[PDB]
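Here we have a structure that includes vincristine.
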Amino acid sequence: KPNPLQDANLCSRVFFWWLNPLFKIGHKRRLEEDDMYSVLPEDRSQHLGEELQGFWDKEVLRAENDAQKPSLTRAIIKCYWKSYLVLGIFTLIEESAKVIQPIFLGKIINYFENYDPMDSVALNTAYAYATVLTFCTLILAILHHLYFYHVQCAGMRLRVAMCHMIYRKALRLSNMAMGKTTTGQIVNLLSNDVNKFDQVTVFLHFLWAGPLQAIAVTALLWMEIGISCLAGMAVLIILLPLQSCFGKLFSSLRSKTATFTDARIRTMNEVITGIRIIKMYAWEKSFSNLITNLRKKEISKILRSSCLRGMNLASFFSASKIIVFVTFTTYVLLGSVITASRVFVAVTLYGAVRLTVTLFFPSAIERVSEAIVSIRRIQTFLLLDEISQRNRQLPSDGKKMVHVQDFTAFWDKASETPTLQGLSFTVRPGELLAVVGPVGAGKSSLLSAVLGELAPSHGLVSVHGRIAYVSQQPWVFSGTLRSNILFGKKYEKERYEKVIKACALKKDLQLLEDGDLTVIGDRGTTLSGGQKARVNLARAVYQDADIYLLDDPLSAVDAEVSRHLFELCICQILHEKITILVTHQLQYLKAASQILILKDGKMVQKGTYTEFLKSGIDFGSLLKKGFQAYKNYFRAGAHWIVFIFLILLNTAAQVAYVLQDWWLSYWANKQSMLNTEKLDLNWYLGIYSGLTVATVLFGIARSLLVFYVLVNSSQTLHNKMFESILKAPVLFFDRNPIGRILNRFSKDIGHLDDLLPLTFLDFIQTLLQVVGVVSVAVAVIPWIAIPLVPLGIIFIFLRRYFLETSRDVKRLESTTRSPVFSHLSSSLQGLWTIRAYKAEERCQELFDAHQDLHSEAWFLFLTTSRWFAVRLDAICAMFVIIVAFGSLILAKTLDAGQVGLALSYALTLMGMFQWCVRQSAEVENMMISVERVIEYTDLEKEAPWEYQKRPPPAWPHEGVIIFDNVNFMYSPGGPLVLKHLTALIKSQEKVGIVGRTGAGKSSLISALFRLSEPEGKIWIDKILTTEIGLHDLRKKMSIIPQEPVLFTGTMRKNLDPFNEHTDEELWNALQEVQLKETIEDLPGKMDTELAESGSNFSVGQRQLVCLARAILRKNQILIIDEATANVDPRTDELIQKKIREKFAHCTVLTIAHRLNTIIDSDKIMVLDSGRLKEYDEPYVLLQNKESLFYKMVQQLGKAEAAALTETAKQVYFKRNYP
Ligand SMILES: CC[C@]1(O)C[C@@H]2CN(CCc3c([nH]c4ccccc34)[C@@](C(=O)OC)(c3cc4c(cc3OC)N(C=O)[C@H]3[C@@](O)(C(=O)OC)[C@H](OC(C)=O)[C@]5(CC)C=CCN6CC[C@]43[C@@H]65)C2)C1
Ligand SMILES: Nc1ncnc2c1ncn2[C@@H]1O[C@H](COP(=O)(O)OP(=O)(O)NP(=O)(O)O)[C@@H](O)[C@H]1O
Ligand SMILES: Nc1ncnc2c1ncn2[C@@H]1O[C@H](COP(=O)(O)OP(=O)(O)NP(=O)(O)O)[C@@H](O)[C@H]1O
Ligand SMILES: [Mg+2]
Ligand SMILES: [Mg+2]
C-alpha cells in the first residue's frame, strides 16, 4: 500500500493534490481498510517508541546520577524541541501577517478619502496596497493548512510514542506492582489519558504568540486612534473574568443534574427489566409518577443551565459591538472627529485581538494544564517496580532439569504465614510429577515459583530449558484458533494436524463456521470454556518445550474429553519432556509417575501411586475440608407563530448588528462632507447608543427564545416516548433487548436535552453573521452578485463530494481503534503465560502493527479535513479579492465609508465560513437521535386499560373459569402454543398443572392475563375477558411468579404502591408471613431502601414478600407459577404450608415442575404440546397406567412414586369420602 504523499512535490503538498484518487474512490463506492494508505516510515510506531524510550532512559540515568526525580516533560522537550521550533517560526509569520493587513486596509480607505479622478500615481499605489492585502490573505488561507497538518502530526507522533512506551513497560510489570494496579487503569491511560497529546500541540505555540500579538495590536491602536483605545482594551480584559465565572457556575449547575439523571436512568432500567411483572401487577401508573417527578426535577436544572449558556452566547455576540461603542464614544467625547481610515482599522484590529485574547489563550492554558496532568500520570506509571530480568544462568552441562532447594517466599511481606515452607525437590525428563491438595495448598504458588514469578526470599531455584506452562484459567487472545495454537510460530501443517487429532479438537472446529480459522474475540465470546482449555493445552503441547507445567487442566471438561486428553496428549506425547502437573481428579493419579501431597503450603508425602496406596492415607479423605424530522422536532416545541416571532427576532438582531457599523460609516461620511460649523453630537451619539442597546437586547432575546423552544421540544418528545413505552405489548419487549430500549432513554434524550439546542443556536448565529457579511458586500457593490452564483454552486458540489468520503474515513478510524485496547487487555490478562515463553517481543510487534493500523486512518482523517479546508479558504479568498479589487475598479461611484465597511466585513468572513460549514455538518449528524426518539414515539399500542362498560365492583363473586377453544400464539404468524383448550374450573378448587418442560404450562397465565391477545373465549363469573380493559381484568387475579422481584424503594412502597391499605394491616400481613420481626430490626422501621431486586434479601425472603403481596391484595383468584426451584427445604415447606392454609376459600391454580407440591390438588391438567389430554382427580389418573400422569410418576422412580400414589389416595379418601 504505497503512500502518494512520499511522491508529491511542494506544490502538490500545499494544495493536498495527492488525495484526489482517494476522494474519487470514496465517491464511487465504500472505503475499506484495503483502500487506506500505509504510514510513512518516520511515523511507524516502533521508531517513535524506541526514540522516545532512549531519550527517557538517558534522562532517567542522568536524574538518578544527580539524585533527583526524573522528568518525562524534560525528556519530551529534549526530543521534540528541534522539530517544534520551525512551526513556531511559521506561526510568528502568520500572526505578523494577521496584525499587518489592517494597515493596508486603512491605506486603501485613505486613498479613497482623498480621491482625485485625474491622478494616477495614487491609483497605482492603491493597486499595490490591494495586491499586498491579497498576498496576506493568501498567506493566511493557503499555507496555514499545511502548517496545521504538521502541527497535528507532531501530537500524533507524541501520542504513538507514549502508547508504545506504556505497553513496553506494562509487558514487564512485577507481581506486586500488578497487584497494586488494575487492567482498567492501564486501558484508561491509553483510551483517555493519552489523547490529550493530540490537542496540546495545536494551541501550544499561542502561549508566546498571544501576549505578543496583543502588545503589537495595542501599539498599532495607540499609533492610529490615540488614548481612546484603552477603554476598548479594558473592556476586552474584563471579558475574561466574566467567562471564568460563567464556566465556574455552569459546571456546578451541570453536576447538580446528574444526581437526577442517573436516578431516572436506574428507574427506567428497573422498569424495562421487570416489565412483565409490572404489567401483571398493573403498577405502570406508580412507575409513571416516579419517572415524571424525576424528569421534572432534572428538567428544571437543564433549563437553568440552558439559560446560562444562552446568556454566554449573547455576551459573545454583543462583545464586539460594546467594545467598539465604548472606544469611539470616548474618542469622540475627547474632542476628535470620525474618519473612515481610522474607524474601520480600529474595528479590524479590535476583532482580531478580541478573538486571540478571548479564545486562543484560555484554550491553550486549559490544554497545557490537561497535558501536564496526563504527563504526570504516565510518568508515575513508568516507574513502577518491574521484574528483574532473568540474569546470567548458572553454568550447567546442558542437561534439562528442574531443581528447588530451601525455597521460602511470600507474595506479601506483611503475612504471618509464608506461602511456601522450605520446598526442596527436583524433577528430570520423563517424570510425571503430580501435586495433590485442597484449595489453598499452594500448588499454583509452586508452579509460579518454578517460573520465577515468586522472588526467592531464601533458597535457590535452578531451572534450565524451555518451559511449557498451563494456566489455571484458559486464555485466548485477539486472533484465531489457529493463531492461538501457533502462538506466532511458523505454521507446520503436519504438526498442527497431529496436535489437533491428539487433542480431539475436530468437533470444536466443526462447530465453527470457518473451522480452525474462526476469529475468537475477548474472553472467547465465540467459544466456550472447554474449548478454551483444549486450545490452551494444544498450544502448550504444540510449542514443544523441554519442561511442561500443568495446573488444573481437566476440571471444567467432560469425562471422555478429559480422559482422552490426559492419555494421548500427556502420557504418550510428553513422555520425553519434564512434566509437573496439578490435579483434582483421582482417576488420573494412577498414570502419574510421581505424586506429591501439599497442604497449608507444607510438604506431606511424595512417591508413586503404589507407595501412596501402601501409605494408607486416602486422597479423598485429605481432599475434604430528512425534512419531516426537522418539522416534527420544531413542532414539538411550540406553535408556528412562535417560529415566525423567532425568525423576526433573528432578523432584527442581525439588522441592528449591521446597522451600527453602517451608522458609523454614515457619520464618517457626513463629517467628511463638511466645510467653524460642527456636527450635532447629541443626535449621532444618541442613535449610536440606541443601536448598540437594540443589538444587545435582540441578541439576548433570540438566544433565550431558541433555547426555551428547543428544550420544551425535548421534554415533550421524552414524555411522548415514555407514554408510548409504558403501553407497548410484551411482544415488543421480547423483540427488543433491554440495552436497546435503555439506549434511547439514556443517550438520545441526553443529546436532545443539552447538546442539540446549543449547537442549533451557535449554527444559526454563525450562519446569520455570514449572511450579513454577504448582504453588506452585495449592497455596497451590486455587481458582486454575479460570481456568487457560481461560487455557491461550486460550494454545494464540493460539500457533497467531501461528505461522500469523510463519513467513511470517520467510520474507518472508529472501527480501527478498538483492537489496540483488546490486545492490551488480552496481553495483560495472560501476562504470566506470555512471559513463560520468551515470546514477548512478538507481542510487542503485534501491538505495533495494531497501532500502525489506527495511525493509518488517523492520517487520512487529518489529510481529508485539510483537503476540504483548503478549497473552502480558496473560495473565501476569491470573494475577498473580488470585493477589494471591484471597490478600486469602481472608485468613481463608492466612497470611503462604504468601501471601508464592505472591506472590513469581507475580511471578517474568514473562519466564520468554515465554522458555519462544520456546525451544519455536526447538526446533520446529531439529528439521528431525534429520528430515533420520534421512531420510538409511535410504537404499537395494546388494548386500553379501561372500557366504557365496567363490570360490577364485586366481580369476581365466585371464581368460575371457562376455557373454550383457546388458540394462543405469542406472535402473529408464529407457531401455535395452545390447541383448542376446553375446560371448566369450579370455584374454590385447587388445580395442579403438569406436563413436559415444553408442554405450555406457563402459557396459560399469558392467555388468562391477555398479555398477548389470545384466540377464543374465556369466561370468568360470566364475563368475557375480551370486553373489559386490561387494568380492570388483571387487578382481580393475583400472580406469584417464578423469580420474585423487589423494586428499589420503601417496604410500604413494595407492599402497597397505591397507599390503599393501612400500616396495621401491613404489619398483620407481615406477621402472617413471619417476616415482621425481620422487617422491624433495620435502621428504619418500614422505610429501608434496598438494592437491585433486594440483593441483600434472600430468595426465600423475596418469595415470602410476594406471598405477603398476594395476601394484601386478597383477591379471589390466585395463581402460582414455579414457586420453589432452588430454595432451601425449610423455606419451601414454609411457603407451601402458608399458601395451603391462607387461601382456603380462594380459587388457586398452581404450576409446579415437581409433583410433591401439587399431589393434593383436586384436579390436574395434562398438557401434551399444547393439547389438553386429561382433566380429573389425580387418583383417577393414577388408576389408569396409560395416563401421562402415571407415566411421569413412574419416570421419577419407585419409592417417590409409591409415596405420591399413597398421598393422592389419602387425599381422595379424605375429601370425597368423609
Ligand atoms: C465560552 C464562550 C465561547 O463558547 C468560546 C468559544 C467562542 N464561542 C463563540 C462561538 C465559537 C466557538 N468557536 C468558534 C470558532 C469560530 C467562530 C465562532 C466560534 C466556540 C463556542 O463555544 O461556540 C459556542 C466553540 C464551540 C464548540 C467547539 C469549539 C469552539 O471553539 C474552538 N467544539 C468543537 O468540537 C464544540 C464542542 O461541542 C466540543 O468540543 O465537542 C467535542 C464544545 O464542547 C466542548 C466540551 O468543548 C462546545 C463548546 C464548549 C459545547 C457544546 C456545543 N458545542 C457546539 C460546538 C462546540 C460546542 C468557543 C463562545
Ligand atoms: N499472584 C498471587 N498474588 C498474591 N497472592 C497469591 C498469588 N498466587 C497465590 N497467592 C496466595 O497464595 C496462597 C496459596 O495460593 P494457591 O494455593 O496456589 O492458590 P490456588 O491455586 O487457588 N489454590 P491451589 O489450587 O490448592 O494451589 C493463597 O493465600 C493465595 O491468595
Ligand atoms: N415469549 C415467547 N415467545 C414465543 N414462544 C415462547 C415464548 N415463551 C415461551 N415460548 C415457547 O412456547 C412454548 C410454551 O411453553 P412454556 O410457556 O415455557 O410453558 P412451560 O415450559 O411448560 N412452563 P416453563 O418451563 O416454566 O416456561 C414452549 O415451546 C416455549 O419455548
Ligand atoms: Mg494452585
Ligand atoms: Mg412456560
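All residue numbers refer to positions in the sequence shown, counting from 1. Indexing begins at 1, ligand by ligand and atom by atom, following the structure's order. Only heavy atoms go into these numbers, but all of them, side chains included; no hydrogens, no water, no symmetry mates.
- Counting repeats, the structure shows vincristine at ligand 1.
- By contact count, the main macromolecule holding vincristine (ligand 1) here is known in UniProt as ATP-binding cassette sub-family C member 4.
- The UniProt-annotated transmembrane segments of chain A (first at the N terminus) that reach under 4.0 Å from vincristine (ligand 1) with a heavy atom are 6, 10, 13.
- The source organism of chain A, per the PDB record, is Homo sapiens.
- Heavy atoms within 4.0 Å of vincristine (ligand 1) belong to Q243, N312, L313, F316, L359, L755, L758, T759, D762, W915, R918, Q919.
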